[PDB]
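Contents of the following structure include IDX375.
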Amino acid sequence: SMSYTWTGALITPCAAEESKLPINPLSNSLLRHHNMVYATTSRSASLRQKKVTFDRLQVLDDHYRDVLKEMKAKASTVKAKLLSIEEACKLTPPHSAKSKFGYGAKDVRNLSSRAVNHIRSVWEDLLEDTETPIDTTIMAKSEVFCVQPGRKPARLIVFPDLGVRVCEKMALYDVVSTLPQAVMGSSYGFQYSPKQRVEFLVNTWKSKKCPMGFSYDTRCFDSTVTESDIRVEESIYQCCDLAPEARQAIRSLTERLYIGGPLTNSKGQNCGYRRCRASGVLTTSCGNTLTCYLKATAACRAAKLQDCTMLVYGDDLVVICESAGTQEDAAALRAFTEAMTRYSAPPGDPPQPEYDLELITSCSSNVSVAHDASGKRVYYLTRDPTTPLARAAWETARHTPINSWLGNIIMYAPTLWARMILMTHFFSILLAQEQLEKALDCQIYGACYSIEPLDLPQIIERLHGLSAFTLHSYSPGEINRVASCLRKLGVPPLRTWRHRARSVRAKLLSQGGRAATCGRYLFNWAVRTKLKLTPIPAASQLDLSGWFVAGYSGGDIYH
Ligand SMILES: CCO[P@]1(=O)N=C(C2=C(O)[C@H](C(C)(C)C)N(CCC(C)(C)C)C2=O)Nc2ccc(NS(C)(=O)=O)cc21
């Protein structure tokens, strides 16, 4: 079966599409090579349509079936609740795509009678009709990148109407929030804050006599997900204790939405048919994580990899195991790839065995080492800053729904690039515009959060510990990756950022209050006569319940 079939109608935009970085003094202070930065548009959609459209080979074996039974035995411990209409409505992002049936996200959030009435009729239709395919919209996603030494085509998103999305929450929010950890335990990546993630990786690595690890990159994961995969996923959901309406909603959503369905473009034209995972549904993250875990765990057994520990974030997979020696690891890994290939999940680039933890990439990130105020080694996660910086420049010049920069500051807070460049740049702008107090939207593990920049110190402390504000003596490799990135993009060198930060820090300290705390903690690296930093009282008091429970990419979730 084909992942997609197409009619010939175009994937169309619903408004003008910007593709060039504007020439703006605020973005230009950060990044001068503006022609290197682009945004994708619907104009490249057909290139992506070609990449994501292919026949799927799938042969299931005893290892797969054994693993699946083990996962279902754990799912059987779960009791999931049906969410009320009110709770589902309050999970809807304020700017979520309006319904085609005369109401939008604001109305959903306000519980207006039209929205509520339409959501109830959608729920009742899920209970009564177990087969009719549910409509979806296909759109090209606009994302910002740096040009390569050419251009990435737009990614495609597929999502159902607002009424359906609210019903998905009712039936499945509790399931997708609870079941993955119940099934996958320590392997489930969305449960970990950044410090907890680094500790898991480092401890797993140090728990092996002679560790070997690898990442495994599936080509076009969503498109490799077969109808069988999606029914297997439902078989796992169905092991939960479920309200009978939830049980029917899940069965109906699985047949009418998740397995596939018709695609309509923005103009209302029939565009094609999907027989693979939709990116824009509540179960995308959970389903992808279960599927990846199932396939990878069974393939580890087929390959005879010894004492495997996996970390899974949707389609993103890392495996750390005991080395059997260079040649035998190389052979085992190739056997792993062939087993995954049989399960429909062939690799983009063949996986490579790695004998150094810092050379393994999970979620484009690697572990690196710096030192705290006392000289003690601290492990932290980092990445190549090229895409974060390109995106930060875009978001400086253009008001954007989700601020990637804020997510990058929060999650990569210990890195030299987030600290020296992103904090300096964005605090400088917020100070000048007197917007330090204005709540901004970002996305953390797929969910949308509204965050005030002035709360950053206590958010960073909780997620990373106080060492985040004292790291120094970064590794030569990391320094040289940042420095070469800055040269490439026309970003001023680190010495310039140090000068700018000292100025920002003084203005913050002069303001007192929460702004002075930002100066003291976020910019202590900028001064030689350091302030002695103690736990922020507000940190222990922060409600970070629901931060690192699950992933919700594509799932239209707001907290
Ligand atoms: C696509 C973005 O949504 P996700 O839930 N979010 C992340 C994720 C983060 O939120 C952050 C952020 C920097 C983008 C803010 N980031 C870095 C986290 C780390 C510092 C602990 C390594 C992520 O990987 N990482 C993700 C990784 C894989 C998937 N796979 S999927 C589409 O099958 O659900 C999804 C996600």
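Throughout, residue positions are numbered sequentially from 1 according to the sequence presented. Only this structure's heavy atoms are used, side chains among them; waters, hydrogens and symmetry mates stay out. Just follow the structure's listing: the first ligand is 1, and inside any ligand the first atom is 1.
In this entry, more contacts with IDX375 (ligand 1) come from one chain than from any other, and UniProt calls that chain RNA-directed RNA polymerase.
Atom numbering of IDX375 (ligand 1) starts at 1 in the shown order; those under 4.0 Å from a heavy atom of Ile444 are 10 (O).
Applying the 4.0 Å criterion to heavy atoms of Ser285 picks out, from IDX375 (ligand 1), the atoms 34 (O).
Only the side chain of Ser365 comes within 4.0 Å of IDX375 (ligand 1), counting heavy atoms alone; its backbone N, CA, C and O stay farther away.
Checked against UniProt, the Mg(2+)-binding residues of chain A with a heavy atom under 4.0 Å from IDX375 (ligand 1) turn out to be: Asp315. At least one heavy atom of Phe190 lies less than 4.0 angstrom from IDX375 (ligand 1).
Heavy atoms of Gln443 found under 4.0 angstrom from IDX375 (ligand 1) belong exclusively to the backbone. Per the PDB, the organism of origin for chain A is Hepatitis C virus subtype 1b. The set of residues with a heavy atom less than 4.0 Å from IDX375 (ligand 1) is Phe190, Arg197, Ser285, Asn288, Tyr313, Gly314, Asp315, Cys363, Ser365, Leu381, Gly407, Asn408, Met411, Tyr412, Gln443, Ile444, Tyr445, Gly446, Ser553.
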